[PDB]
Enquirer: 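Below is one structure. I have some questions about it.
Naming: A, B, ... by sequence-line order, numbering from 1 per chain. Heads up: this isn't the whole entry, just a piece of it, and contacts are only counted within that piece. Just so you know, ligand 1 is whichever comes first in the structure, and atom 1 is the first atom listed for that ligand.
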Amino acid sequence: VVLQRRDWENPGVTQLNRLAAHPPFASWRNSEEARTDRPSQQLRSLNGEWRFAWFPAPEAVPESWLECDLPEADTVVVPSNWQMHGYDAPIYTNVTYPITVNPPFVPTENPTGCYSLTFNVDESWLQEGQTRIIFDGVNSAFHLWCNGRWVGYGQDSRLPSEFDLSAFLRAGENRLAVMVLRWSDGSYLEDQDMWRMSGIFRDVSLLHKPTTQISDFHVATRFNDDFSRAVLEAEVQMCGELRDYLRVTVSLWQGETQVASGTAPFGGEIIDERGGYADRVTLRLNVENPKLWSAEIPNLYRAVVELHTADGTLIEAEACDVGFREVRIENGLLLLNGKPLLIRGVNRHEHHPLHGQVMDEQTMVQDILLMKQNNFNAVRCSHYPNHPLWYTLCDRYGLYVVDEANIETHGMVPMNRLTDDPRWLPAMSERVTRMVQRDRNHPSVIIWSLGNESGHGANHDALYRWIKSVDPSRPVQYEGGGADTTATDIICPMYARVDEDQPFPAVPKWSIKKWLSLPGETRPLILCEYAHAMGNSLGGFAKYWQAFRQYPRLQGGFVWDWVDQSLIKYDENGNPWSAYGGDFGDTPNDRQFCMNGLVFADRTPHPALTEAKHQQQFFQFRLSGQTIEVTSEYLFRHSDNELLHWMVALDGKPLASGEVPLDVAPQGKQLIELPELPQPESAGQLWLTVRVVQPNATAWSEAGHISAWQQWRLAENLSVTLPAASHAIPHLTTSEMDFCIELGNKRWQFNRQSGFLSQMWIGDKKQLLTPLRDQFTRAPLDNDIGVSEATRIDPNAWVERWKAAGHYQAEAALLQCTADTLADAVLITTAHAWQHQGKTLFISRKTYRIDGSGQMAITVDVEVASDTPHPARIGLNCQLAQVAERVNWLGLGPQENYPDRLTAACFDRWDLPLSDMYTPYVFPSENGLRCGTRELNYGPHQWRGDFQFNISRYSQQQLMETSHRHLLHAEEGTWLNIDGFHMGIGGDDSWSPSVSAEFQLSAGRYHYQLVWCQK
Amino acid sequence: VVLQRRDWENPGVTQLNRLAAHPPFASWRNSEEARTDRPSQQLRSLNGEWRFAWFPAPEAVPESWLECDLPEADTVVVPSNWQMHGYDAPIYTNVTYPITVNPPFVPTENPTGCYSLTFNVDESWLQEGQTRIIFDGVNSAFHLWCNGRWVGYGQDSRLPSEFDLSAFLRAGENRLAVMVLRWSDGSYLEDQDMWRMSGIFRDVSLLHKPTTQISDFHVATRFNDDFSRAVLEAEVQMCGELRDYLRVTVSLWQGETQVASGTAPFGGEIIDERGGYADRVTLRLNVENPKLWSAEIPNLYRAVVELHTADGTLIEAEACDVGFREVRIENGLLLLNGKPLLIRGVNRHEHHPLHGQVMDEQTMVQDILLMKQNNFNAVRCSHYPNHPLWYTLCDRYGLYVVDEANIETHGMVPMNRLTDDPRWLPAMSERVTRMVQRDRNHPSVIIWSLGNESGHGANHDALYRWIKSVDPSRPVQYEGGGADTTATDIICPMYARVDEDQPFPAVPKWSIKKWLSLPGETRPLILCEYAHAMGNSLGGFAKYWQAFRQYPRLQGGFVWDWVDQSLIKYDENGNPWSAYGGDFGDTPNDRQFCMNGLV
Ligand SMILES: OC[C@H]1NC[C@H](O)[C@@H](O)[C@H]1O
Ligand SMILES: OC[C@H]1NC[C@H](O)[C@@H](O)[C@H]1O
Ligand SMILES: [Mg+2]
Ligand SMILES: [Mg+2]
């Protein structure tokens, strides 16, 4: 009968015998237990060891399995995904569906997981009341049997399914059987860009309720004009037999103090011509001076709802956390508690590198702490409802949540083929209505979303209107169909740029400043995705934050995204390594496109995370003379856990220091006057640095946490002292093959055929393994490669333009190599031309001046053909012979920084182990650059100038040829790249050229100089 | 397997294997035939004599009935209601449901009608193409078998159900079996004040289409400021295999004269980031000085849609009647073709004293003539979609139509118990979406209605918005929940008085002059029911007509109602007499309250 109906290939059947959706219940039988949130005896977990067998299709499952255990089944932990235990491969695909597109049919080869559990039920559970089983998430569809008898069917992987088991359970031993299908007609609605996995991946519980029970309750808060008086409105519904003696009490607690209370019999007000709801009641509770909930100060109350008799015998209690806050759109602005929000948001997927899509408390808490420590206030549930514990932790720690329906049909052509079709309106409505019914009581949820990337169809407008009518208290947003349709209260583009338009047919992406002012437009604009964090990325991030602060109706956005979705594999020696699409034999697949996070899958930060922290800070600073103005960007809190540290330094050396407490009202200013600063004798630039420190621990941070910082140049004294005249003169030797210069124990050799410095000796120890040569290329970054789908190549991507022009293959030809003795120096002059099939790309003219002090001054002038694509860099590289433990530099740091991502970095003297100067991105690329550098020390060498550098054990050629970080091997010696100039990295998106014109090397002529000496 | 699933007690299953809804098709294989509206060889009627047996429940039907005819079955005419042949009693109840209210369950004693037909299919129908069966209305739910094999299931009594029979038919003799249930979970949505009857009560047809076919088409008309230039916009969709040589032509005819024409290959404009519809095409035809449709002068054109090859071989044609008119609400007034309407309307049920709820051409024509001879210009389909011929006759003779979804839950307490519940949103959406997809091309339909007497729930606001988005060309109205909710473009009270207020709790009936001017109110007001014509009645009628003429935003209303719903019984001498509720042993019942007509 079950394989006869094939309910998984039928969009009109989304469930059989499933109970209504409701807020989370524990059925306490004691009000004190409910108030203090203690564990309930009536709610029993079935997590643990279950039996499991895998089958290639549902027709291959033996009939005996319903009756009793299969001999060849294994013991496995629930919750889990079965791909993580090795039964079949996880599939990573972005847009293309992982099955043939033939809606609503799915392949006959439909992998099937059979789970089963034997468990004991207590005798008191069968005498009276209702027993239900709850599956918090099953992917993608399943049938359930209890003691051999069929119970029901469910679809939608991301919301709980509940079934009544009262008529199926017996005293003693019981057996559940659950058959889970990988594919169903629900799969057409679940095309998110993520690993496709399956199984029972969220918790399983039994819940015991009495026959007369609370079946639903809703909480709402209404305010006066100044938020000094609130009304809590609770609506309660019951199921079972109505009696005259039944009563409902709602009490409101703040800690241990009862703050409000109300009691009533059942019976709503008249609703229409036929009467009202006999089985419902509304309580109104007045609260004076309520403490308001926000992400800055997450004040919660506890509401307890009791069903009891008139004589006062308790039947059951339920409870939730309540926050008083009002969200609304007024005159084009999104307001919380009367103030305009600025969203510092990120998109987050539920992902764990060992457990796949199984989430636990420990990982959720780790994410929330790291988010708040980096100045995030908001999270977008991309793109499905989360584990129910997630919303509780966002209520307690304080994050705003955007809660999103599990609907994405990206792989359809056109994108709205299903969402414009009335036969799929039933399936889509279950995904939205059940999410709102589960989550409507959480204060942290402030916006509902209709899904992601499904075009714009009439089913979207209908569901938009359904939510506005059942829940008027939250705005609704939807990005599909060009980001400003009639199904959204907020304009919510993805990857729109700050200043540049992208005029695509039908769905243009205006620049964000222009979009606000299109004729007729009045809504606020919040980007649902911006700043694609794929690999070495977030260039141009500061330009979004400058716009968000200047324009009132630009209210921020959600970065894409929090955590890299990589998985762990083991090699032959059992060493773990990070894997991406294609590494499991999954095909077709979309390769590294699954790794887009600010943090690695193990929750270690990428260098871009510090850039986000700095642009999102809650204190802004200005300097005028000796005065710092501090401006608070808090909306609700006074700065009561904040002190300002300032320091004045001269080229790294500290000169003066101090601290000042911060006493600044929300949205206010404070002026801090600095002491008379010292006048130093010596040459150099003075630097002032301020940092805001939190002296006391919070729920989310340690004592000493740095929350904000800023650096300025003060007075500069230029150096007018001429170098001391030495008595030694460098000696020049000319052979046919070489110029050699000697001075003491030091020796330099220049090859007369190649025209480069080929060797240096200190004593009799060689210093180079490779000559010092010009470099114009970089191992390309993900933003340079410019691919979102592995099958589709963009000929406008930087890496395509550089390969076509021959930048990676260009050969140096020598034009000139000459040597001359001056009075106190030897001068070497060289010129080279880089050519590819007749065309000259670059010319480089160089002088080397070696004086009596030992210092070698290098001067470089480069010309770049105006019709070649602009180069990625202009500098020198070589392979040094020695490996040292430390790197010491005077310049921006201490983390990796690039010309379009250097606002977070500070000028100072930095000292790190060599291994910290390499960023281990899983897909290897150019990495580890430090800009604005004046001095670099490594072993005996010192370089001085005004340059960017990177230093490591991997060549640019090795990083370009290697697809995975675990396959890189350290080379002999150390590779040094020293650049006079370096292109930006981009990252407005990663599938089209995104470097802004002010970060391209387009000048045509370039000059820089270095001194190389031995300290 | 069929009595194991019990699909009739489950609001989440409204159909199995039913094809998509679409405007009426005849599949002509010749453009001239399509233009002149001649009978199609590809559309075959199965009306006539069928076999029929009655059973007290679905579990009492013998298994043999699927294979072959029962000996104790009778010969009966289809279409019919089985209560009119004496198999059980018709029930007249106004508000109270005729079953125990226990949604979604129905009684186990669920009278069951088993119909069957033996018929011949021509050999050319099985070689190529698709063959479908169409039931225009079955009350209330049914399973269908062909040659012993289960085909599908449908609910909603008032809209067509279609099933593909290509894989089930054989050459020579075929047998259909249809098992019809009186009660289903669909009955909770069908609580209209009328006789409760059952059976196959509208036509049954076979339709033959080619494998590559026109699957849907829509017609829309846009105008300049003075109605001197129009654009006819036709959207056409196909099913089957896309080829480069396929083309669509739309021509527009006024009598014998071709007036406009356009041709194109398949391929819509870009819609979004993934492209456009490869299997759709939009033609735009310009028309100068079009003759405008109205109820006073019902000027029609004929649109012919041909699917053909580039060399000009015709694959199939479809056609409809087109009227050029614009309906809109502007500054609080309902305008047709730029002028403010005054609705002289009546509510009409499909009722015949001998045949029950079976409608025929002759009775429809008799009603329309009497309506127009008595100065009516408008009719409200109370409270369900009509027989498809009704809309064609209102196009040709000139009446405005309000077309209403088959949803009424009057007997619930409170009235919005189902329509405020998201688990019934699937069932309700099928009733609205399939009606709009069937009727959107008729010029006579000028307003959509969401149903009748179902309170006001969130399912109403969602469906209101669904229609405004798929069909912006007609206003939407809904009376429930106090007549002026967010689910209506028109204030549409029932039985509000001219000068006197009726201040009921939650749902007051203001007098109509006062309602127009409540702070914030800007919509026009048209009474969806007024002046109850029960017996010796219509006193005070002149006072409504005086108000309608004096106030611009009072634009008329629909009288309740056209025809008395009485039935014929026979005495001992065989003399016919008119019967009302209770005269068939039906109990409980609401007595003479079923007779409310002007005729
Ligand atoms: O990584 C690209 C990014 N683009 C937009 C989508 O919403 C995300 O799921 C993701 O696919
Ligand atoms: O005859 C009373 C009348 N009242 C209003 C209803 O809509 C009609 O169906 C009818 O019941
Ligand atoms: Mg996508
Ligand atoms: Mg009624």
Enquirer: Can you identify the drug molecule modeled at ligand 1?
Expert: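 That's 1-deoxygalactonojirimycin.
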Enquirer: Tell me which macromolecule has the most close contacts with 1-deoxygalactonojirimycin (ligand 1), using the naming in UniProt.
Expert: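 The main binding partner here is Beta-galactosidase.
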Enquirer: Find the other chains whose heavy atoms come closer than 4.0 Å to 1-deoxygalactonojirimycin (ligand 1).
Expert: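 Those with a heavy atom under 4.0 Å: A.
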Enquirer: Can you tell me which residues in chain A that UniProt annotates as binding Na(+) end up with a heavy atom closer than 4.0 Å to 1-deoxygalactonojirimycin (ligand 1)?
Expert: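 Sure - UniProt-listed, with a heavy atom under 4.0 Å: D193(A), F593(A), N596(A).
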Enquirer: Can you list the UniProt Mg(2+)-binding residues of chain A with a heavy atom under 4.0 Å from 1-deoxygalactonojirimycin (ligand 1)?
Expert: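 UniProt-annotated residues with a heavy atom under 4.0 Å: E453(A).
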Enquirer: Of the UniProt active-site residues in chain A, which one sits nearest 1-deoxygalactonojirimycin (ligand 1), and what is the shortest non-hydrogen distance (1 Å precision)?
Expert: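 Closest UniProt active-site residue, heavy-atom distance to 1 Å: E529(A), 3 Å.
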Enquirer: Which 1-deoxygalactonojirimycin (ligand 1) atoms does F593(A) reach within 4.0 Å, using its non-hydrogen atoms?
Expert: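 The list of qualifying atoms is 1 (O), 2 (C).
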Enquirer: Please work out whether any backbone atom (N, CA, C, O) or any side-chain heavy atom from C-beta onward of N452(A) is under 4.0 Å from 1-deoxygalactonojirimycin (ligand 1), and answer side chain, backbone, both or neither.
Expert: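 Under 4.0 Å from 1-deoxygalactonojirimycin (ligand 1), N452(A) contributes side-chain atoms alone.
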Enquirer: Out of all atoms in 1-deoxygalactonojirimycin (ligand 1), which are within 4.0 Å of some heavy atom of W560(A)? Include the element for each.
Expert: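 What qualifies from 1-deoxygalactonojirimycin (ligand 1) is 1 (O), 8 (C), 9 (O), 10 (C).
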Enquirer: Among protein heavy atoms, which lies nearest atom 3 (C) of 1-deoxygalactonojirimycin (ligand 1), and at what distance?
Expert: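 Ranked first by proximity to atom 3 (C) of 1-deoxygalactonojirimycin (ligand 1) is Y495(A) OH, 3.6 Å.
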Enquirer: At what distance is the nearest protein heavy atom to atom 5 (C) of 1-deoxygalactonojirimycin (ligand 1), and which residue and atom is it?
Expert: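 Ranking protein heavy atoms by distance from atom 5 (C) of 1-deoxygalactonojirimycin (ligand 1), first comes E529(A) OE1, 2.7 Å.
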Enquirer: Please confirm whether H532(A) comes within less than 3.5 Å of 1-deoxygalactonojirimycin (ligand 1) when only nitrogen or oxygen atoms on both sides are compared.
Expert: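 Yes, there is a polar N/O contact under 3.5 Å.
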Enquirer: Considering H410(A), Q192(A), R380(A), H383(A) one by one, which has a heavy atom nearer to atom 9 (O) of 1-deoxygalactonojirimycin (ligand 1) than any of the others?
Expert: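 Minimum heavy-atom distance to atom 9 (O) of 1-deoxygalactonojirimycin (ligand 1) goes to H383(A).
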Enquirer: Could you tell me the residue and atom name of the protein heavy atom closest to atom 11 (O) of 1-deoxygalactonojirimycin (ligand 1), and the distance to it rounded to 0.1 Å?
Expert: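 I find the closest protein heavy atom is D193(A) OD2, 2.5 Å.
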Enquirer: Give, by chain and number, every residue with a heavy atom within 4.0 Å of 1-deoxygalactonojirimycin (ligand 1).
Expert: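 The heavy-atom cut-off picks out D193(A), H383(A), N452(A), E453(A), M494(A), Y495(A), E529(A), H532(A), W560(A), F593(A), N596(A).
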